[PDB]
> 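Complex under discussion: ritonavir bound to Pepsin A.
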Amino acid sequence: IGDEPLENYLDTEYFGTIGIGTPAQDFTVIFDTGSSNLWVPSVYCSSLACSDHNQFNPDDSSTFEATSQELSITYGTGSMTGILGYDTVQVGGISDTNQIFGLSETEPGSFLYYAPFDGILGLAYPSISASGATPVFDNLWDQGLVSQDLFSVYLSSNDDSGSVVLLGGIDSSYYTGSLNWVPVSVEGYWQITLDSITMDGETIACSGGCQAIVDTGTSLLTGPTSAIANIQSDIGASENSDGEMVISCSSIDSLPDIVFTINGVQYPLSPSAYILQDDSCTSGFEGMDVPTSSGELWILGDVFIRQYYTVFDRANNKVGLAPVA
Ligand SMILES: CC(C)c1nc(CN(C)C(=O)N[C@H](C(=O)N[C@@H](Cc2ccccc2)C[C@H](O)[C@H](Cc2ccccc2)NC(=O)OCc2cncs2)C(C)C)cs1
């Protein structure tokens, strides 16, 4: 069982350190259940985001083996291109040998320049991995470095320490009640069916069901822009001068919980979860249109995951949820 501590950066990004190569070169990576590639910046990249983050240097690793396979990824925010290569990755106390990973060669755009983390470690299914690169957790399972084909995620609140990815384990110290298991609707993302979104008894979105993914790499609770717009009004949010959804800090005490029904079980989010507070109070919701085969995706990001300990089970292709302790 491997324990990977995560730093909680402003309740918006959760990243942990990994080592790559021999000797180990260290990187912070987002542990991202919404993607499936591992990549870090490399010395081959001249982009500005590469210049203000750690860069992997193959020349200094005795176990590195190059490939001539290239890689390209577009995320909802930014993007990268690079090279695949093989090396030993240290993650959660586990020596993940012969792990294929991306060495960036371009990292355009503002966001990655200002992000505190170097790269991304995806935890989703191999079917959505760019250039078919074996995801890290698949490589762990295939080498037998975890005994149970599952991992769990605890994300702390209020910028506290203690966030953790548990590789190969479930820890009931981190939740209360029993774990509720949700079948994966479509194996790619950790994609599940959301039955309803309600408020004060009344359905306010996702009437008749909608597809959703559980995504540690997304800060907010996002959905189709239209549906999100109604929710933004139902809680009393509106764009400011400079483009942010302001909610009175007065309403954290007044409004009722918003309830997500998943596989017939109710998962409430209180105003203290879906209203981001700092004097300054913003909406935890944000519009973002994610079109796919199965339909337009909702994103249950860190706003939701902070309230529910989450188990990602590849043995039986299910997601487990329980209220955090
Ligand atoms: C400044 C402060 C307030 C904030 N920082 C943030 C951090 N941001 C921007 C995000 O969380 N933004 C999310 C995001 O892209 N998360 C990303 C991590 C990331 C962050 C920054 C730069 C590069 C990558 C990672 C997320 O798991 C997204 C979720 C997703 C899935 C499918 C389609 C679209 C989106 N995953 C992907 O984009 O997967 C890439 C793929 C494309 N094809 C197959 S997988 C968006 C979905 C909104 C939010 S608020």
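Per the PDB entry, chain A residues shown: 1-278, 280-326, in order. Atoms within a ligand are numbered from 1 in the order they appear, just like the ligands themselves. Only this structure's heavy atoms are used, side chains among them; waters, hydrogens and symmetry mates stay out.
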> Does only the side chain of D32 get under 4.0 Å from ritonavir (ligand 1), or the backbone, or both, or neither? Count heavy atoms.
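Within the 4.0 Å criterion, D32 contacts ritonavir (ligand 1) through side-chain atoms alone.
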> Just wondering, where does chain A come from, per the PDB?
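By the entry, that would be Sus scrofa.
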> Does only the side chain of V291 get under 4.0 Å from ritonavir (ligand 1), or the backbone, or both, or neither? Count heavy atoms.
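It is the side chain that touches ritonavir (ligand 1); the backbone stays farther off.
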> Just wondering: what's the UniProt domain of chain A where most contacts with ritonavir (ligand 1) are?
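The majority map to UniProt domain Peptidase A1.
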> Where is the nearest protein heavy atom to atom 41 (C) of ritonavir (ligand 1): which residue, which atom, and how far?
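Looking only at protein heavy atoms, the one closest to atom 41 (C) of ritonavir (ligand 1) is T74 O, 3.6 Å.
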> Provide, to 0.1 Å, the distance between atom 31 (C) of ritonavir (ligand 1) and the closest protein heavy atom, together with that atom's residue and name.
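The closest heavy atom on the protein side is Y189 CE2, 3.7 Å.
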> Between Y75 and ritonavir (ligand 1), which part of the residue brings a heavy atom under 4.0 Å of the ligand: side chain, backbone, both or neither?
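Both the backbone and the side chain of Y75 come within reach of ritonavir (ligand 1).
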> Which residues does the binding site of ritonavir (ligand 1) contain at 4.0 Å, with heavy atoms considered?
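By heavy-atom distance, those residues are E13, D32, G34, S35, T74, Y75, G76, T77, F111, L112, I120, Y189, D215, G217, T218, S219, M289, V291, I300.
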> May I have the N/O to N/O pairs between ritonavir (ligand 1) and the protein that fall below 3.5 Å, each with atom names and distance to one decimal?
{"unit_1": "ritonavir (ligand 1)", "atom_1": "5 (N)", "unit_2": "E13", "atom_2": "OE2", "d": "3.3"}
{"unit_1": "ritonavir (ligand 1)", "atom_1": "11 (O)", "unit_2": "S219", "atom_2": "N", "d": "3.2"}
{"unit_1": "ritonavir (ligand 1)", "atom_1": "12 (N)", "unit_2": "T77", "atom_2": "OG1", "d": "3.1"}
{"unit_1": "ritonavir (ligand 1)", "atom_1": "15 (O)", "unit_2": "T77", "atom_2": "N", "d": "3.3"}
{"unit_1": "ritonavir (ligand 1)", "atom_1": "15 (O)", "unit_2": "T77", "atom_2": "OG1", "d": "3.0"}
{"unit_1": "ritonavir (ligand 1)", "atom_1": "16 (N)", "unit_2": "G217", "atom_2": "O", "d": "2.9"}
{"unit_1": "ritonavir (ligand 1)", "atom_1": "27 (O)", "unit_2": "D32", "atom_2": "OD1", "d": "2.6"}
{"unit_1": "ritonavir (ligand 1)", "atom_1": "27 (O)", "unit_2": "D32", "atom_2": "OD2", "d": "3.1"}
{"unit_1": "ritonavir (ligand 1)", "atom_1": "27 (O)", "unit_2": "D215", "atom_2": "OD1", "d": "2.8"}
{"unit_1": "ritonavir (ligand 1)", "atom_1": "27 (O)", "unit_2": "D215", "atom_2": "OD2", "d": "2.6"}
{"unit_1": "ritonavir (ligand 1)", "atom_1": "36 (N)", "unit_2": "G34", "atom_2": "O", "d": "3.2"}
{"unit_1": "ritonavir (ligand 1)", "atom_1": "38 (O)", "unit_2": "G76", "atom_2": "N", "d": "3.2"}
{"unit_1": "ritonavir (ligand 1)", "atom_1": "39 (O)", "unit_2": "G34", "atom_2": "O", "d": "3.4"}

